[PDB]
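Looking at a structure with promazine today.
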Amino acid sequence: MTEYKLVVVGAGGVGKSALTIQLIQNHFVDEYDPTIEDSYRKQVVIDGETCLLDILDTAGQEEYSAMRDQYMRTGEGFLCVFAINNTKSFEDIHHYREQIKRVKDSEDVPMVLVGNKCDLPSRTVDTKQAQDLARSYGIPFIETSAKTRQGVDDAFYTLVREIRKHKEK
Ligand SMILES: Nc1nc2c(ncn2[C@@H]2O[C@H](COP(=O)(O)OP(=O)(O)O)[C@@H](O)[C@H]2O)c(=O)[nH]1
Ligand SMILES: CN(C)CCCN1c2ccccc2Sc2ccccc21
């Protein structure tokens with residue numbers, strides 16, 4: 001069994017802690033503290049390969065920038081989640097990609113763009129806008145919802161393959 005370290009990044013409220021729990025507990029949580037950081041391990045067999053997923057739900061700001069950059073260097077796959085009804089989070093995805101790339105000092109980093117809250121209206125971020133950004137980074141983009149669980153599993157599954165491609169490259 002191969003172990004995969006994945007970190008979900010985004011703004012406070014995009015639903016990172018919801019997506020992570022949806023894969024672990026298999027149930028949506030309407031109320032959960034965003035500041036509480038917790039990493040979960042899940043044994044899944046994708047593509048015939050049994051892999052243990054180590055997903056960490058970060059809060060945002062760390063006490064020490066040292067450990068902050070550290071948790072960004074140990075991660076092999078990073079899930080970029082934003083809210084389609086919150087352009088503020090989508091625009092922050094720009095600095096998120098930039099930062100992590102500088103932390104690991106690389107050009108090619110296994111990442112996936114995820115647009116959560118697709119079930120909710122007031123869609124400020126259009127699909128094309130996100131796809132355009134993803135296209136620039138050279139990574140896949142998937143619209144999801146932690147409520148109805150649409151594309152949530154697929155997003156994680158895709159990230160795993162993204163990591164693999166970088167490993168066999
Ligand atoms: N309606 C809706 N709310 C969501 C969704 N995902 C997360 N939320 C809500 O976003 C708020 C914060 O969730 P939280 O677990 O803190 O996620 P995070 O802090 O963004 O990582 C809570 O009200 C969650 O129920 C979603 O997909 N749909
Ligand atoms: C403590 N270990 C059993 C889990 C560590 C998980 N971890 C994390 C997970 C995936 C990529 C990077 C990181 S760095 C980090 C930071 C805080 C807590 C746990 C971790």
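By convention here, the first residue in the shown sequence is residue 1. As the structure lists them, so they are numbered: ligands from 1, and atoms in each ligand from 1. Determined by solution NMR, according to the entry header.
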Where exactly can promazine be seen in this structure? ligand 2
Tell me which macromolecule has the most close contacts with promazine, using the naming in the PDB entry. GTPase KRas
Cut-off 4.0 Å: ligands and ions near promazine: none
Which residues, given by chain and number, make up the 4.0 Å heavy-atom shell around promazine? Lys5, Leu6, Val7, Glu37, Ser39, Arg41, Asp54, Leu56, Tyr71, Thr74, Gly75
